[PDB]
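A deposited model with rosiglitazone.
Alphabetical chain letters, starting from A, follow the order of the sequence lines given. For chain A, we keep the numbers from the PDB entry: what you see runs 207-241, 245-259, 276-461, 463-477, in order. In chain B, numbers come from the PDB entry; the residues present are 6-19, in order. In each ligand, atom 1 is the first atom listed, and ligand 1 is the first ligand listed. Just the heavy atoms: all of them, side chains too, but no hydrogens, waters or symmetry mates, feed the values below.
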Amino acid sequence: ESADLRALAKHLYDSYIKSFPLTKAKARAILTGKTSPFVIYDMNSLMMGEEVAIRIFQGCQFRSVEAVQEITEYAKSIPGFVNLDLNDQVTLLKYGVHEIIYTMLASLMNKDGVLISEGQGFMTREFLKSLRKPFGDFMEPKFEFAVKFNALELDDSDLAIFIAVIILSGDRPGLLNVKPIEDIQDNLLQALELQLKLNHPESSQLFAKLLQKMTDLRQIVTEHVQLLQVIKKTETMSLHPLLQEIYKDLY
Amino acid sequence: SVXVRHXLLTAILX
Ligand SMILES: CN(CCOc1ccc(C[C@@H]2SC(=O)NC2=O)cc1)c1ccccn1
(Lines of atoms letter the chains of each structure in order from A and count residues from 1; the text may use other names and numbers.)
(Lines give C-alpha, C1' and ligand atoms only; values in the text may rest on other atoms or scores of the structure.)
Protein backbone atom coordinates (compact mmCIF):
# COMPACT_ATOMS: atom_id res chain seq x y z
CA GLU A 1 0.00 0.00 0.00
CA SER A 2 1.45 3.20 -1.27
CA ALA A 3 1.29 5.49 1.72
CA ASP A 4 3.02 2.78 3.83
CA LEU A 5 5.73 2.43 1.15
CA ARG A 6 6.38 6.19 1.49
CA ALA A 7 6.57 5.93 5.25
CA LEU A 8 9.08 3.08 4.82
CA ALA A 9 11.10 5.23 2.35
CA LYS A 10 11.11 8.11 4.85
CA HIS A 11 12.14 5.87 7.75
CA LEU A 12 15.08 4.60 5.68
CA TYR A 13 16.11 8.11 4.64
CA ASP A 14 15.99 9.32 8.25
CA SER A 15 17.99 6.22 9.32
CA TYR A 16 20.56 6.90 6.55
CA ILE A 17 21.05 10.49 7.73
CA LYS A 18 21.65 9.20 11.31
CA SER A 19 24.15 6.53 10.17
CA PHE A 20 26.25 8.28 7.51
CA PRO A 21 27.94 11.55 8.42
CA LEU A 22 29.09 12.28 4.84
CA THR A 23 26.05 12.07 2.58
CA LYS A 24 25.94 12.40 -1.19
CA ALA A 25 24.35 15.85 -0.82
CA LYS A 26 27.30 17.03 1.29
CA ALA A 27 29.89 15.33 -0.91
CA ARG A 28 28.54 16.89 -4.13
CA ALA A 29 28.64 20.34 -2.57
CA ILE A 30 32.31 19.81 -1.66
CA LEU A 31 33.03 18.39 -5.16
CA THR A 32 31.42 21.31 -7.03
CA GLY A 33 32.68 24.06 -4.66
CA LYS A 34 29.48 25.13 -2.86
CA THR A 35 30.34 25.16 0.87
CA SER A 36 38.25 23.32 0.75
CA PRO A 37 39.74 19.77 0.59
CA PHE A 38 43.52 19.32 0.43
CA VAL A 39 44.39 17.97 -3.04
CA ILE A 40 46.71 14.93 -3.37
CA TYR A 41 47.87 14.70 -7.00
CA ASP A 42 51.46 13.42 -6.76
CA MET A 43 54.04 12.11 -4.31
CA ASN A 44 55.01 15.60 -3.05
CA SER A 45 51.40 16.51 -2.20
CA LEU A 46 50.73 13.13 -0.63
CA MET A 47 53.61 13.94 1.75
CA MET A 48 52.23 17.44 2.43
CA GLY A 49 48.73 15.98 2.87
CA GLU A 50 49.79 13.24 5.33
CA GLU A 51 55.96 2.74 1.02
CA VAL A 52 53.34 4.87 -0.72
CA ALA A 53 51.16 2.24 -2.45
CA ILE A 54 50.93 0.25 0.82
CA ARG A 55 50.13 3.35 2.91
CA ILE A 56 47.31 4.13 0.50
CA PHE A 57 46.02 0.51 0.58
CA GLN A 58 46.07 0.62 4.42
CA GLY A 59 44.18 3.96 4.36
CA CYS A 60 41.46 2.38 2.19
CA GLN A 61 41.25 -0.51 4.66
CA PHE A 62 40.76 1.76 7.68
CA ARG A 63 38.06 3.69 5.79
CA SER A 64 36.29 0.35 5.02
CA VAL A 65 36.47 -0.63 8.70
CA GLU A 66 34.66 2.60 9.61
CA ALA A 67 32.19 2.14 6.77
CA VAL A 68 31.35 -1.44 7.86
CA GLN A 69 30.34 -0.10 11.28
CA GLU A 70 28.19 2.71 9.75
CA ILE A 71 26.56 0.25 7.32
CA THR A 72 25.84 -2.22 10.11
CA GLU A 73 24.08 0.48 12.13
CA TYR A 74 22.02 1.37 9.06
CA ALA A 75 21.15 -2.31 8.40
CA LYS A 76 19.85 -2.61 11.98
CA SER A 77 17.33 0.18 11.20
CA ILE A 78 15.82 -1.71 8.23
CA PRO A 79 12.48 -3.03 9.59
CA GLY A 80 12.71 -6.74 10.19
CA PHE A 81 16.53 -7.05 10.02
CA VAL A 82 17.32 -7.30 13.76
CA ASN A 83 14.65 -10.03 14.13
CA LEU A 84 16.40 -12.27 11.62
CA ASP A 85 18.51 -15.13 12.92
CA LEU A 86 21.88 -13.66 13.94
CA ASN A 87 23.66 -16.09 11.58
CA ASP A 88 21.63 -14.63 8.71
CA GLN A 89 22.33 -11.01 9.81
CA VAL A 90 26.05 -11.81 9.71
CA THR A 91 25.82 -13.57 6.30
CA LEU A 92 23.88 -10.62 4.79
CA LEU A 93 26.49 -8.15 6.02
CA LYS A 94 29.45 -10.35 5.09
CA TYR A 95 28.33 -10.65 1.46
CA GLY A 96 26.69 -7.20 1.20
CA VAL A 97 28.99 -4.71 2.85
CA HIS A 98 31.49 -4.30 0.01
CA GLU A 99 28.68 -3.81 -2.52
CA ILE A 100 27.47 -0.96 -0.27
CA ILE A 101 30.96 0.43 0.28
CA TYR A 102 31.46 0.75 -3.48
CA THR A 103 27.98 2.23 -3.98
CA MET A 104 28.67 4.91 -1.36
CA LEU A 105 32.23 5.46 -2.65
CA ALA A 106 30.66 6.58 -5.93
CA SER A 107 28.92 9.43 -4.01
CA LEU A 108 32.39 10.80 -3.15
CA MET A 109 33.80 10.40 -6.70
CA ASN A 110 33.93 12.38 -9.88
CA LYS A 111 35.71 11.47 -13.10
CA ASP A 112 38.87 13.11 -11.73
CA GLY A 113 39.21 11.81 -8.20
CA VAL A 114 37.75 10.87 -4.82
CA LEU A 115 37.05 12.57 -1.49
CA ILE A 116 38.98 11.19 1.49
CA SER A 117 38.94 11.78 5.25
CA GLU A 118 35.29 12.81 5.40
CA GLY A 119 35.85 15.42 2.66
CA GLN A 120 39.01 17.00 4.04
CA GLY A 121 41.11 15.58 1.19
CA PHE A 122 40.70 14.82 -2.52
CA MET A 123 42.91 12.21 -4.19
CA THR A 124 43.20 12.35 -7.98
CA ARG A 125 42.33 9.40 -10.18
CA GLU A 126 45.52 9.95 -12.18
CA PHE A 127 47.58 9.77 -8.96
CA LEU A 128 45.97 6.47 -7.99
CA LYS A 129 46.57 5.10 -11.53
CA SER A 130 50.28 6.01 -11.16
CA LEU A 131 50.91 3.59 -8.27
CA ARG A 132 53.21 0.63 -8.95
CA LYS A 133 51.62 -2.61 -10.20
CA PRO A 134 49.33 -4.09 -9.09
CA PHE A 135 48.15 -1.13 -7.00
CA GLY A 136 47.78 1.15 -10.07
CA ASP A 137 44.66 -0.82 -11.05
CA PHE A 138 43.01 -1.07 -7.60
CA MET A 139 40.71 1.95 -7.93
CA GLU A 140 40.19 2.18 -11.70
CA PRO A 141 37.22 -0.30 -11.83
CA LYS A 142 35.57 1.62 -8.99
CA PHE A 143 35.90 4.96 -10.82
CA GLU A 144 34.56 3.28 -14.01
CA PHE A 145 31.53 2.06 -12.04
CA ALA A 146 31.05 5.44 -10.36
CA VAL A 147 30.98 7.48 -13.56
CA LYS A 148 28.19 5.30 -14.96
CA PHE A 149 26.35 5.10 -11.65
CA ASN A 150 26.53 8.84 -10.94
CA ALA A 151 25.01 9.48 -14.41
CA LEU A 152 21.74 8.09 -12.98
CA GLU A 153 21.62 11.18 -10.68
CA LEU A 154 20.33 9.35 -7.61
CA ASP A 155 19.88 11.29 -4.37
CA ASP A 156 20.34 10.19 -0.76
CA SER A 157 16.64 9.25 -0.43
CA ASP A 158 16.98 6.93 -3.45
CA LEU A 159 20.27 5.48 -2.22
CA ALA A 160 18.84 4.65 1.21
CA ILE A 161 16.32 2.26 -0.36
CA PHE A 162 18.76 0.87 -2.97
CA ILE A 163 21.26 -0.02 -0.21
CA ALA A 164 18.52 -1.71 1.88
CA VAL A 165 17.48 -3.85 -1.12
CA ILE A 166 21.09 -5.00 -1.60
CA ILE A 167 21.55 -5.92 2.07
CA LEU A 168 18.30 -7.97 2.11
CA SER A 169 19.47 -10.36 -0.70
CA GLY A 170 18.04 -13.85 -0.21
CA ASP A 171 20.57 -15.55 -2.52
CA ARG A 172 23.64 -15.12 -0.29
CA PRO A 173 25.47 -18.40 0.38
CA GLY A 174 24.63 -20.13 3.64
CA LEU A 175 21.44 -18.27 4.63
CA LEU A 176 19.36 -20.40 6.98
CA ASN A 177 15.94 -18.77 6.52
CA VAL A 178 15.49 -17.26 3.04
CA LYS A 179 11.74 -16.64 3.09
CA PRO A 180 11.64 -13.79 5.72
CA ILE A 181 14.56 -12.11 3.88
CA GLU A 182 12.79 -12.31 0.52
CA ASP A 183 9.57 -11.01 2.11
CA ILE A 184 11.40 -7.96 3.52
CA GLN A 185 13.22 -7.48 0.20
CA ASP A 186 10.02 -7.65 -1.86
CA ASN A 187 8.52 -4.81 0.20
CA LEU A 188 11.80 -2.83 -0.15
CA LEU A 189 11.69 -3.40 -3.94
CA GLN A 190 8.12 -2.05 -4.10
CA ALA A 191 9.26 0.94 -2.05
CA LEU A 192 12.22 1.51 -4.41
CA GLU A 193 10.02 1.33 -7.52
CA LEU A 194 7.59 3.90 -6.06
CA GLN A 195 10.46 6.16 -4.92
CA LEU A 196 11.97 6.28 -8.42
CA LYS A 197 8.54 6.85 -10.10
CA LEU A 198 7.88 9.81 -7.77
CA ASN A 199 11.38 11.34 -7.50
CA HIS A 200 12.47 10.68 -11.15
CA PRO A 201 9.22 10.62 -13.19
CA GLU A 202 11.12 11.78 -16.28
CA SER A 203 13.71 8.91 -16.02
CA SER A 204 12.34 5.97 -17.86
CA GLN A 205 13.28 2.49 -16.74
CA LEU A 206 15.38 3.83 -13.86
CA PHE A 207 14.24 0.93 -11.66
CA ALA A 208 15.44 -1.68 -14.17
CA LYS A 209 18.73 0.17 -14.53
CA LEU A 210 19.25 0.04 -10.75
CA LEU A 211 18.49 -3.68 -10.56
CA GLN A 212 21.27 -4.17 -13.12
CA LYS A 213 23.68 -2.06 -11.02
CA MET A 214 23.13 -4.61 -8.20
CA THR A 215 24.51 -7.33 -10.50
CA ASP A 216 27.37 -5.08 -11.58
CA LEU A 217 28.38 -4.44 -7.96
CA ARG A 218 28.76 -8.19 -7.42
CA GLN A 219 31.20 -8.30 -10.34
CA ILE A 220 33.17 -5.41 -8.83
CA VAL A 221 33.57 -7.26 -5.53
CA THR A 222 34.47 -10.57 -7.29
CA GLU A 223 37.18 -8.71 -9.30
CA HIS A 224 38.48 -7.02 -6.16
CA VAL A 225 38.87 -10.37 -4.35
CA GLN A 226 40.82 -11.55 -7.47
CA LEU A 227 43.14 -8.55 -7.16
CA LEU A 228 43.63 -9.25 -3.43
CA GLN A 229 44.72 -12.82 -4.19
CA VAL A 230 47.32 -11.38 -6.62
CA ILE A 231 48.48 -8.84 -3.99
CA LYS A 232 48.75 -11.45 -1.20
CA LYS A 233 50.98 -13.79 -3.26
CA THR A 234 53.23 -11.06 -4.73
CA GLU A 235 53.70 -9.09 -1.47
CA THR A 236 54.67 -10.09 2.09
CA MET A 237 51.39 -6.68 5.27
CA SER A 238 48.03 -8.26 6.17
CA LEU A 239 44.44 -7.10 6.46
CA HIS A 240 42.79 -5.37 9.37
CA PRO A 241 41.11 -8.04 11.57
CA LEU A 242 37.57 -7.01 10.68
CA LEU A 243 38.41 -7.28 6.96
CA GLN A 244 40.10 -10.64 7.53
CA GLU A 245 36.87 -11.91 9.03
CA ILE A 246 34.71 -10.54 6.18
CA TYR A 247 36.95 -11.81 3.37
CA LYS A 248 37.53 -15.31 4.86
CA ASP A 249 35.45 -17.67 2.64
CA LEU A 250 33.98 -14.68 0.84
CA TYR A 251 33.41 -16.23 -2.52
CA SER B 1 28.20 -22.04 12.22
CA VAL B 2 28.44 -18.59 10.73
CA UNK B 3 28.23 -16.93 14.21
CA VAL B 4 31.36 -18.72 15.42
CA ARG B 5 33.43 -17.60 12.43
CA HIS B 6 32.44 -13.92 12.81
CA UNK B 7 33.20 -12.76 16.36
CA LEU B 8 33.63 -9.12 15.40
CA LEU B 9 30.62 -8.76 13.12
CA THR B 10 28.54 -10.41 15.85
CA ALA B 11 29.78 -7.90 18.42
CA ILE B 12 28.89 -4.96 16.17
CA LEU B 13 25.41 -6.44 15.42
CA UNK B 14 24.66 -7.14 19.12
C1 LIG C 1 41.23 6.24 -2.19
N2 LIG C 1 40.75 6.57 -0.88
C3 LIG C 1 39.29 6.61 -0.68
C4 LIG C 1 38.64 5.34 -0.14
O5 LIG C 1 38.73 4.37 -1.16
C6 LIG C 1 38.43 3.06 -0.81
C7 LIG C 1 38.82 2.08 -1.69
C8 LIG C 1 38.60 0.74 -1.40
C9 LIG C 1 37.96 0.39 -0.23
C10 LIG C 1 37.76 -1.10 0.12
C11 LIG C 1 38.85 -1.65 1.07
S12 LIG C 1 40.45 -1.83 0.30
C13 LIG C 1 40.45 -3.56 0.37
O14 LIG C 1 41.25 -4.26 -0.16
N15 LIG C 1 39.32 -4.01 0.98
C16 LIG C 1 38.46 -3.06 1.46
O17 LIG C 1 37.49 -3.30 2.16
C18 LIG C 1 37.55 1.38 0.65
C19 LIG C 1 37.79 2.73 0.38
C20 LIG C 1 41.58 6.68 0.19
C21 LIG C 1 41.06 6.91 1.47
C22 LIG C 1 41.91 7.02 2.54
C23 LIG C 1 43.27 6.94 2.33
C24 LIG C 1 43.72 6.76 1.05
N25 LIG C 1 42.93 6.65 -0.04
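Here the macromolecule with the greatest number of atom pairs within 4.5 Å of rosiglitazone (ligand 1) is listed in the PDB entry as Peroxisome proliferator-activated receptor gamma.
For rosiglitazone (ligand 1), the other chains with a heavy atom below 4.0 Å are labelled A.
Counting heavy atoms closer than 4.0 Å to rosiglitazone (ligand 1), residue A:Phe363 contributes side-chain atoms (C-beta onward) but none from N, CA, C or O.
Rosiglitazone (ligand 1) lies nowhere less than 4.0 angstrom from a heavy atom belonging to A:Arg280. Close contacts between rosiglitazone (ligand 1) and A:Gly284 involve ligand atoms 22 (C), 23 (C) [criterion: under 4.0 Å to a heavy atom].
In this comparison of A:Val339, A:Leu465, A:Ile281, the heavy atom closest to atom 24 (C) of rosiglitazone (ligand 1) sits on A:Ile281. Remark: among candidates A:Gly258, A:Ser289, A:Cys285, A:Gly338, the nearest residue to atom 5 (O) of rosiglitazone (ligand 1) is A:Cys285, based on non-hydrogen atoms.
The closest approach between A:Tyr473 and rosiglitazone (ligand 1) falls below 4.0 Å for a heavy atom of the residue. Proximity to rosiglitazone (ligand 1) (heavy atom under 4.0 Å) is shown by these UniProt rosiglitazone-binding residues of chain A: A:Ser289, A:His323, A:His449, A:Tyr473.
The PDB entry lists the organism for chain A as Homo sapiens.
Most of the interface of chain A with rosiglitazone (ligand 1) sits in UniProt domain NR LBD.
Neither the backbone nor the side chain of A:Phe347 comes within contact range of rosiglitazone (ligand 1); no heavy atom lies under 4.0 Å. Summarising the contacts of atom 13 (C) of rosiglitazone (ligand 1) with A:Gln286, A:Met348, A:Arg288, A:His449, the nearest heavy atom is found in A:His449. Contacts with rosiglitazone (ligand 1) closer than 4.0 Å are made by no heavy atom of A:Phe352, backbone or side chain.
Here atom 21 (C) of rosiglitazone (ligand 1) lies nearest to A:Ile341 when heavy atoms of A:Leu340, A:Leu330, A:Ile341 are compared. Judged by the shortest distance from any of its heavy atoms, A:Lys367 lies outside the 4.0 Å radius around the atoms of rosiglitazone (ligand 1). Residue contacts with rosiglitazone (ligand 1) for A:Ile472 are absent, since no atom lies close enough (heavy atoms, distance under 4.0 Å). At 4.0 Å, heavy atom to atom, the residues around rosiglitazone (ligand 1) are A:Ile281, A:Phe282, A:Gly284, A:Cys285, A:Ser289, A:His323, A:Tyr327, A:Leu330, A:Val339, A:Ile341, A:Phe363, A:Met364, A:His449, A:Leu453, A:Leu469, A:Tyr473.
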